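The structure to be discussed contains salicylic acid.
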Amino acid sequence: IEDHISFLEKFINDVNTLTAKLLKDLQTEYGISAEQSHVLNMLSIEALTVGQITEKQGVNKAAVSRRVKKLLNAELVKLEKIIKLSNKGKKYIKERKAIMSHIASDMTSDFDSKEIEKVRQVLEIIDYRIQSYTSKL
Amino acid sequence: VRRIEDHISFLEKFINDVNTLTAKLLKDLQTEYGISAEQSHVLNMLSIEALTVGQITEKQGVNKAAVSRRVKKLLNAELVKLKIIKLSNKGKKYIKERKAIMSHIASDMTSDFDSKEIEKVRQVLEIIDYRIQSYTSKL
Ligand SMILES: O=C(O)c1ccccc1O
Ligand SMILES: O=C(O)c1ccccc1O
Ligand SMILES: O=C(O)c1ccccc1O
Ligand SMILES: O=C(O)c1ccccc1O
Ligand SMILES: O=C(O)c1ccccc1O
Ligand SMILES: O=C(O)c1ccccc1O
Ligand SMILES: O=C(O)c1ccccc1O
Ligand SMILES: O=C(O)c1ccccc1O
Ligand SMILES: C[As](C)(=O)[O-]
């Protein structure tokens, strides 16, 4: 019970740690931090307002506005307030994906996609539930 | 041809949501112990196995200025007993409470799944974690 949660946390830190490493060059080449990168990542799924990003990240709305403002000054993001990636933000995400995809696909090339979709399903239901507790108090 | 990007995205959205929920569930407790979430993360590490500033900076990742300064503020708050580094009564107490809360919720969100379903999820995550390590050690 406790070891599962403990495992998930080591798993989360290891994923984040490898990602930070795999993406550091790219981020510096663009002059952005990991948090701005992470917002760029959220926006590649779809355009969002500062409010939705706040909800997703869980932080203070102004810490998000701060990242977004830096992103606009860097022109990696454009307005209408609906935020969406700009052409520069799009190039960034394509390189981020190219990188992340390369490693992931090599790392999972032997996975049985029939077995895996059952795992994805359990994780989608868990994510659903996570977002709901979050939704409330 | 390349839907892997969608799986990675999901995994990232999932990790993101777990962090968001964890921070919210643990904010009041971290406050009662007069510590922040970043300090909480670090204490979560030492409950695993006692360590030093070398190991910590690596696993942590990019930390080259105020990561050693967060170690300091732990001693002052009496959460790290020392070479080695262990949790103090205060430090172990916090982590115990932290585990309680996390487990209660991890149990509720999971009790209806079948053990077979969960064990297979654990197996996939474990091997991804094994390969991440068997990776984040080469270069
Ligand atoms: O059982 C687990 O360790 C586990 C870990 C992460 C996500 C779902 C899970 O069942
Ligand atoms: O870094 C770890 O080994 C770790 C382990 C469990 C929970 C959080 C963590 O950062
Ligand atoms: O840029 C990201 O989306 C990111 C995610 C996890 C860890 C480090 C990072 O830069
Ligand atoms: O840590 C934050 O305040 C933050 C804010 C926006 C996006 C990613 C983040 O980590
Ligand atoms: O069936 C798979 O592809 C699989 C992959 C990793 C771990 C356990 C598994 O069954
Ligand atoms: O997308 C998946 O099927 C998946 C499965 C296990 C772990 C992370 C994942 O994204
Ligand atoms: O939508 C999110 O909250 C999200 C978070 C992390 C990575 C990709 C994402 O779409
Ligand atoms: O406080 C923690 O140990 C923690 C861990 C993961 C995500 C957010 C957090 O606050
Ligand atoms: C941590 As930043 C450079 O996105 O304000």
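Heads up: chain A is whatever sequence line comes first, chain B the next one, etc. Residue numbering for chain A follows the PDB entry, covering 5-84, 95-151 in order. Shown for chain B, in order and in the PDB entry numbering: 2-83, 95-151. Recorded method is X-ray crystallography, 2.5 Å. Atoms within a ligand are numbered from 1 in the order they appear, just like the ligands themselves. Just so you know, these numbers use all the heavy atoms, side chains as well, and skip hydrogens, waters and symmetry mates.
The ligands or chains attributed to salicylic acid are ligands 1, 2, 3, 4, 5, 6, 7 and 8. This structure shows the largest set of contacts to salicylic acid (ligand 4) coming from the chain the PDB entry labels Transcriptional regulator TcaR. Other chains whose heavy atoms approach salicylic acid (ligand 4) within less than 4.0 Å: A. Taking every heavy atom under 4.0 Å from salicylic acid (ligand 4), one finds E39(A), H42(A), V43(A), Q61(A), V63(A), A67(A), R71(A).
In terms of protein heavy atoms, atom 1 (O) of salicylic acid (ligand 4) is closest to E39(A) OE1, 3.6 Å.
The nearest protein atom to atom 6 (C) of salicylic acid (ligand 4), hydrogens excluded, is given as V43(A) CG2, 3.7 Å; this is a heavy-atom distance. By number and name, no other ligands or ions lie nearer than 4.0 Å to salicylic acid (ligand 4).
Protein heavy atom nearest atom 3 (O) of salicylic acid (ligand 4), with residue, atom name and distance: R71(A) NH1, 3.1 Å.
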Which pairs of N or O atoms, one from salicylic acid (ligand 4) and one from the protein, are separated by less than 3.5 Å, and what is the distance for each pair?
residue	atom	partner	partner atom	Å
salicylic acid (ligand 4)	3 (O)	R71(A)	NH1	3.1
salicylic acid (ligand 4)	10 (O)	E39(A)	OE1	3.4

